[PDB]
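By the PDB entry numbering, chain A shows 174-204, 209-228, 235-440, in order. Just follow the structure's listing: the first ligand is 1, and inside any ligand the first atom is 1. Just so it is clear, the values below take in all heavy atoms, side chains as well, and ignore hydrogens, waters and symmetry mates.
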Amino acid sequence: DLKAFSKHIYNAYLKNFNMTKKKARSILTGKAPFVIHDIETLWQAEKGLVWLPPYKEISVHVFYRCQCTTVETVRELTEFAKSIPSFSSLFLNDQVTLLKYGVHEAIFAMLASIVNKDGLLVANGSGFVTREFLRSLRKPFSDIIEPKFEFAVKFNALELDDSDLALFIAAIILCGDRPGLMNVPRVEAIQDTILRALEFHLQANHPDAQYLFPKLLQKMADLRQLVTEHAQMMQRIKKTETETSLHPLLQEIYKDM
Ligand SMILES: CC(C)(Oc1ccc(CCNC(=O)c2ccc(Cl)cc2)cc1)C(=O)O
Ligand SMILES: CCCCCCCCO[C@@H]1O[C@H](CO)[C@@H](O)[C@H](O)[C@H]1O
């Protein structure tokens, strides 16, 4: 039962995310992606080696590739969530509310899967963008990406696997305290089932792990703070970078944060 619940969640995760952490870990270790570390390699990646609104400048261009990637992850997360029968039993507007406030927490948790201390995979693992290059970007674009790295490196210490991640992200999305939910008790009851499924699953999958479940609850709290700070950087970019186009779906997500 609690196993059939988790296994259903794990299959919805494999069914919907192109890049698993297993796939990613193969590539980052070497079982190779074109490395983008400066303007020249970026241009080469675009010419066809690895790959939008009208061009503006390099730092805005990278930001657009960020937007394109996160919009795609939002689409996958939505399909993943609709593939959870309990999620799909909420009223559609509550489903949207959960996604609105949950996807970025889930995106920054999943980002850890494709990152190491030196950069991150792009374009389905065919490119690799260095943390160095990202840091070099014009402000404020260089400050938005670096904190995700700090979180991702500590997060990867936990050494979760894809079966853990599927339950963790389900728990991030099925969150009872999002503003404007209609049926708080029903969502709270679903979240509780996922959390018990998670503790159960971690018991068997990480038998020697001390304090992993509470450590993961703290990561959920950490992700909430990451996304609050991220949304503050986005609102500032909206005010001061008026030439930078902002994808409409992402504008709706950030409207009231
Ligand atoms: C997209 C946007 C506006 O801001 C964000 C900025 C950065 C990241 C981290 C993920 N970045 C990437 O996946 C990424 C994609 C392509 C390139 Cl060339 C570099 C980095 C996530 C989100 C968002 O908040 O949705
Ligand atoms: C502003 C609110 C208008 C949107 C109304 C859509 C509500 C219907 O939403 C439906 O509810 C069902 C459970 O009742 C779910 O199983 C379905 O997935 C969902 O589509």
Review point. What drug do PDB records list at ligand 1?
Key: bezafibrate
Practice item. State what bezafibrate (ligand 1) is bound to in this structure, picking the chain with most contacts and naming it per UniProt. Key: Peroxisome proliferator-activated receptor delta
Exercise for review: List the residues forming the binding site of bezafibrate (ligand 1), heavy atoms under 4.0 Å.
Suggested key: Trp228, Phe246, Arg248, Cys249, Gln250, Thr252, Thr253, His287, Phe291, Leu303, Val305, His413, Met417, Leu433, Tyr437
Exercise for review: Extract the source organism of chain A from the PDB entry.
Suggested key: Homo sapiens
Check your understanding: Counting each atom of bezafibrate (ligand 1) from 1 as listed, which ones have a heavy atom of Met417 under 4.0 Å away?
Key -> 3 (C)
Review point. Which atoms of bezafibrate (ligand 1) are found less than 4.0 Å from any heavy atom of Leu303?
Key: 12 (C), 13 (O)
Check your understanding: How far is atom 14 (C) of bezafibrate (ligand 1) from its nearest protein heavy atom, and which residue and atom name does that atom have?
Key -> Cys249 SG, 3.8 Å
Review point. How far is atom 5 (C) of bezafibrate (ligand 1) from its nearest protein heavy atom, and which residue and atom name does that atom have?
Key: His413 CE1, 3.7 Å
Point to revise | Atoms in bezafibrate (ligand 1) flagged as close to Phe291, the criterion being non-hydrogen separation under 4.0 Å | key: 21 (C)
Review point. Which UniProt domain of chain A gets most of the contacts from bezafibrate (ligand 1)?
Key: NR LBD
Check your understanding: Which other ligands or ions, by number and name, fall under 4.0 Å from bezafibrate (ligand 1)?
Key -> none
Check your understanding: In bezafibrate (ligand 1), which numbered atoms sit nearer than 4.0 Å to a non-hydrogen atom of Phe246?
Key -> 3 (C)
Practice item. Would you mind checking which non-hydrogen protein atom is closest to atom 13 (O) of bezafibrate (ligand 1), with the distance to 0.1 Å? Key: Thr252 CG2, 3.6 Å
Exercise for review: Ignoring angles and geometry beyond distance, decide whether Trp228 reaches within less than 3.5 Å of bezafibrate (ligand 1) through its nitrogen or oxygen atoms.
Suggested key: no
Check your understanding: Relative to the heavy atoms of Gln250, which atoms of bezafibrate (ligand 1) are at a distance of less than 4.0 Å?
Key -> 1 (C), 3 (C)
Check your understanding: Does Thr253 reach bezafibrate (ligand 1) with a nitrogen or oxygen that is under 3.5 Å from one of the ligand's nitrogen or oxygen atoms?
Key -> yes
Practice item. Please confirm whether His287 comes within less than 3.5 Å of bezafibrate (ligand 1) when only nitrogen or oxygen atoms on both sides are compared. Key: yes
Check your understanding: Hey, does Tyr437 come in under 3.5 Å of bezafibrate (ligand 1), counting only N/O atoms on both sides?
Key -> yes
Is there any protein N/O under 3.5 Å from an N/O of bezafibrate (ligand 1), and what does the full list of such pairs look like?
{"residue": "bezafibrate (ligand 1)", "atom": "24 (O)", "partner": "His287", "partner atom": "NE2", "Å": "3.2"}
{"residue": "bezafibrate (ligand 1)", "atom": "24 (O)", "partner": "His413", "partner atom": "NE2", "Å": "2.5"}
{"residue": "bezafibrate (ligand 1)", "atom": "24 (O)", "partner": "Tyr437", "partner atom": "OH", "Å": "2.5"}
{"residue": "bezafibrate (ligand 1)", "atom": "25 (O)", "partner": "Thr253", "partner atom": "OG1", "Å": "3.1"}
{"residue": "bezafibrate (ligand 1)", "atom": "25 (O)", "partner": "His287", "partner atom": "NE2", "Å": "2.8"}

